[PDB]
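One letter per chain, A onward, in the order of the sequence lines. Residue numbering for chain A follows the PDB entry, covering 5-75 in order. The numbers used for chain B are those of the PDB entry, and the residues that appear cover 1-155, 165-293, in sequence. Just so you know, ligand 1 is whichever comes first in the structure, and atom 1 is the first atom listed for that ligand.
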Amino acid sequence: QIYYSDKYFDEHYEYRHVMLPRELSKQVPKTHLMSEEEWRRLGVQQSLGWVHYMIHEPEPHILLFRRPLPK
Amino acid sequence: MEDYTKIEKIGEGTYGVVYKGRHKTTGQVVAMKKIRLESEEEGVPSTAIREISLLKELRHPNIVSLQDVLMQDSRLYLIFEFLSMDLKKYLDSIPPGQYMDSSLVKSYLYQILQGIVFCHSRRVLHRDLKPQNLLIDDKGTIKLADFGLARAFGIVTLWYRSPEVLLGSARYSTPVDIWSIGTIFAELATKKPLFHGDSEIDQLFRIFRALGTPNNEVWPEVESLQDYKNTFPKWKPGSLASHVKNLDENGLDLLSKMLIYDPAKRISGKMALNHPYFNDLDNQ
Ligand SMILES: Cc1ncc(-c2ccnc(Nc3ccc(S(C)(=O)=O)cc3)n2)n1C(C)C
């Protein structure tokens, strides 16, 4: 199963990481960040406008997400 | 060896199974660590039995004395003084509402630093320090177990790990053990882990959220490290005392000095023993 972390926040962004099972992790690009279309094909389900902003290389199964706070 | 008798299993360590046993001659109760030795290439001598014999010669009241070392049938047996409780277990025996006695926290931290200074002075690291590796007798003495075993072999774990290691620094040294003693100091006081992360990346973010996201201003050359990113969340430094309770101003000062980002600027074991926190230290 796919696990969704609680939200945490900055002064500018709100954040949330998502842990995929390790057999799906071989399907996550080791070279570029992902479009909202791309990460939905892996079965990640959440609201619009979350952006895949970085890769921690030791844990390719962990998708890190970020969305700007409104002003 | 035929000199000892297994009583019962006590647990699994990383390196092998651990039993409680008795010496047939003395009647002394012991811990026995069985290790199955890996097959080795001919024309490549093993450091492992050599390095383990060196550790037998380390004596200090606050480390777990390696009393002997046996070899029967390609299996290595390590024999230690038996202690029946560890710090993880001690903290669990304290009920909700109660906290560890203010003076016993001080005593334990003093003992832990004494043991780590002894190892560090003899050029030996733990590297893997955590409540399960801190054993206690009924008389209120505390000792490091598994010192130097990591180097001898390898080529809940995450909470006590230092930011050097997490960010992928090429090299590391004695300060890694000081960071760990830091996070354990806080746990003795509060009963709960200071940095309770679910992954390497979450562990960093919890460290950042309490001590500030590091940059080159507070930690020289950090922005060059293998797993640094300019995109990390950006929390400001300050508000360590909001994450911890039951510590006077000296305690908080020592703690903050054990948790400095730069390994070079971080407090040493020697210096920590002279800190004001220990001035009013107590019987046992
Ligand atoms: C990895 C290792 N190598 C040698 C030991 C070791 C050395 C001396 N005494 C003990 N005794 C002990 C520890 C923990 C517990 S418990 C069930 O309360 O967790 C019960 C008895 N153990 N150890 C320990 C750290 C397992």
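Choosing among XL413, EVP-6124, AZD5438, GW5638, L-778123, one finds at ligand 1 the drug AZD5438. Most-contacted chain for AZD5438 in this structure, per UniProt: Cyclin-dependent kinase 1.
Other chains whose heavy atoms approach AZD5438 within less than 4.0 Å: B. Most residues of chain B touching AZD5438 map to the UniProt domain Protein kinase.
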